[PDB]
Amino acid sequence: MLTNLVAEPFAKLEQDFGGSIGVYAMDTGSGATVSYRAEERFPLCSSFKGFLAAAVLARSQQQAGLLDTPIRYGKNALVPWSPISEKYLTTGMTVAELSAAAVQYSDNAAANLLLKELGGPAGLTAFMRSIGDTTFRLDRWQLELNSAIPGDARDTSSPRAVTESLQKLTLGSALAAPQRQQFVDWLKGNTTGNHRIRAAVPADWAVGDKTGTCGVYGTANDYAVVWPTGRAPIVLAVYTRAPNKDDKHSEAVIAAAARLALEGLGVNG
Ligand SMILES: C[C@@H]1[C@H]([C@H](C=O)[C@@H](C)O)N=C(C(=O)O)[C@@H]1S[C@@H]1CN[C@H](C(=O)N(C)C)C1
């Protein structure tokens, strides 16, 4: 079949890193894939916020005024790493602005406000089930969901399910066309991923992504849609973890894993 037609040295990369690397990459033209630990669970960390914004967009298809609704919040809503929402504490922000901040700056207060609107972790999980993702689970609220405990399935997904859901939302039919392009535009505008998948992608190709970094257990990640010129887009996810709480994550390992995935698919970059 079309999985791992060309072998790549993922095992040496993760051994040098001192942990585990999980990769799934899909060439949406031919259906060829690269897969390494692709069905293992890894912590989502902040990467859940991309799917949160897609769930908001889905709701907006049946609530025409949702995106422009102004949301006010108190100082108690501001938690560490809320770089956009802290600048609008005294004014409020719209649902769309909160969604953009959650995707593009990983804004934590914004993500918490939107998670509340959707009915909490079970509400986001229900949205993912509604698009056919049976792997994703969000269980806790922010700044508890990033514990990344070895063997704990809470607040995890697999690289494969992340990629499959990302494809459905950005390129498939899970969102209506205007909402689909809005999701793509938010991902393209991300500011936090320059040293991850984007570092493996030539400058003349379009790319959108969402990052995550738990801060413990060498756990960090990135997922992306990439548009190489002259061929069909590629969807991919790269997740890492490591055995010890104080093990450090590595952005360079994520970029290197993305390069290996593109090489395995025969995409010249
Ligand atoms: C803290 C942000 C947030 C995160 C989600 O994973 C949640 C748990 O706060 N999202 C971020 C993302 O850029 O994705 C950033 S972590 C980034 C990697 N080192 C930087 C740093 O100063 N650290 C606290 C780790 C920024």
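For the single chain, residues carry numbers from 1 onward in sequence order. Values below: all heavy atoms of this structure, side chains included; hydrogens, waters and symmetry mates excluded. Order of appearance sets the numbers: ligands from 1, and atoms from 1 within every ligand.
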**OP:** Specify the drug or drug candidate modeled at ligand 1.
**Re:** meropenem (bound form)
**OP:** Name the main binding partner of meropenem (bound form, ligand 1) here according to UniProt.
**Re:** Carbapenem-hydrolyzing beta-lactamase KPC-2
Original post:
Of the residues in chain A that UniProt says bind beta-lactam, which have any non-hydrogen atom under 4.0 Å from meropenem (bound form, ligand 1)?
Top reply: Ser46, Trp81, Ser106, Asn108, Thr211, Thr213
**OP:** Answer yes or no: does an N/O atom from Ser46 fall short of 3.5 Å to an N/O atom of meropenem (bound form, ligand 1)?
**Re:** yes
Original post:
Which residue is it, and how far: the UniProt active-site residue of chain A nearest to meropenem (bound form, ligand 1), by heavy-atom distance to 1 Å?
Top reply: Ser46, 1 Å
Subject >> Heavy-atom protein contact below 4.0 Å for atom 24 (C) of meropenem (bound form, ligand 1) >> reply: no
Original post:
Looking at meropenem (bound form, ligand 1), does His249 have a heavy atom less than 4.0 Å from it?
Top reply: no
**OP:** Return the option from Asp209, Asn190, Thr213, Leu143 holding the heavy atom at the smallest distance from atom 18 (C) of meropenem (bound form, ligand 1).
**Re:** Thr213
Original post:
What makes up the binding site of meropenem (bound form, ligand 1) if contacts are defined by heavy atoms under 4.0 Å?
Top reply: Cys45, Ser46, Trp81, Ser106, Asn108, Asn146, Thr192, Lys210, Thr211, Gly212, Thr213
May I have every N or O pair linking meropenem (bound form, ligand 1) to the protein at under 3.5 Å, one per line with atom names and distance?
from	atom 1	to	atom 2	distance (Å)
meropenem (bound form, ligand 1)	6 (O)	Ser46	N	2.9
meropenem (bound form, ligand 1)	6 (O)	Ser46	OG	2.2
meropenem (bound form, ligand 1)	6 (O)	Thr213	N	2.8
meropenem (bound form, ligand 1)	6 (O)	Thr213	O	3.1
meropenem (bound form, ligand 1)	9 (O)	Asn108	ND2	2.9
meropenem (bound form, ligand 1)	10 (N)	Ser46	OG	2.9
meropenem (bound form, ligand 1)	10 (N)	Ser106	OG	2.7
meropenem (bound form, ligand 1)	14 (O)	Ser106	OG	3.3
meropenem (bound form, ligand 1)	14 (O)	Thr211	OG1	2.8

